[PDB]
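Heading - (R)-ibuprofen complexed with Fatty acid-binding protein, adipocyte
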Amino acid sequence: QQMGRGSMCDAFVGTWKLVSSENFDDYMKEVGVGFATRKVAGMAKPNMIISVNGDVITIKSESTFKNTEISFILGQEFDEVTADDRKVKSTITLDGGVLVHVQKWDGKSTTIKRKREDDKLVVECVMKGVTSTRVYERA
Ligand SMILES: CC(C)Cc1ccc([C@@H](C)C(=O)O)cc1
């Protein structure tokens, strides 16, 4: 083994905690999440952990609601069971330094974008005309 070099996604690596969430309930409604799930998922305050190992990116989310973990290679689709229990087909790419996560299921699609803004990691969840913004800071 030799030690690898860095990459642009290193800006994302680390441990992040949710500090603010706007219009997430409306997002979840638009996605089709049911009442009891929305209310408990909307109350969650996740720690999000992003790591890189070679070509593989891992995103872990930990909360009192659910713990999730996905591992992927940019541009390479995978199967994902989401925290709300949708079975989706997911592809995650970089677009100009934004991590773009598209989920497809049941003829529907939603996009989750992650972007660095100052010391924060901003998450933008989009379902048709409904957007939710979630802001994370370093743990
Ligand atoms: C319909 C919802 C429950 C799916 C969902 C949206 C956003 C996240 C992460 C990015 C988050 O910020 O918690 C996780 C799950």
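For reference, positions follow the sequence shown, starting with 1. Counting starts at 1 for both ligands and their atoms, following the listed order. This entry, so its header tells us, was determined using X-ray crystallography, 1.2 Å.
- The presence of a protein heavy atom under 4.0 Å from atom 1 (C) of (R)-ibuprofen is confirmed.
- The overlap between the UniProt fatty acid-binding residues of chain A and the residues with a heavy atom under 4.0 Å from (R)-ibuprofen is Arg134, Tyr136.
- In this structure, atom 11 (C) of (R)-ibuprofen lies nearest to the protein heavy atom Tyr136 OH, 3.1 Å.
- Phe24 CZ, 4.4 Å is the protein heavy atom nearest to atom 5 (C) of (R)-ibuprofen.
- For atom 7 (C) of (R)-ibuprofen, the nearest protein heavy atom (residue, atom name, distance) is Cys125 SG, 3.9 Å.
- Of the protein's non-hydrogen atoms, the one nearest atom 10 (C) of (R)-ibuprofen is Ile112 CD1, 3.0 Å.
- Those atoms of (R)-ibuprofen that come under 4.0 Å of a heavy atom in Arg114, given as number and element, are 10 (C).
- Of all atoms in (R)-ibuprofen, listed by their number and element, those nearer than 4.0 Å to a heavy atom of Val33 are 1 (C).
- Using a 4.0 Å threshold on non-hydrogen atoms, atom 14 (C) of (R)-ibuprofen does not count as touching the protein.
- Taking a cut-off of under 4.0 Å to the non-hydrogen atoms of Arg134, the atoms of (R)-ibuprofen that pass are 11 (C), 12 (O), 13 (O).
- The protein heavy-atom contact nearest to atom 4 (C) of (R)-ibuprofen is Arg86 NH2, 3.7 Å.
- At 4.0 Å, heavy atom to atom, the residues around (R)-ibuprofen are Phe24, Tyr27, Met28, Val33, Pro46, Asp84, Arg86, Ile112, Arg114, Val123, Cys125, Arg134, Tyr136.
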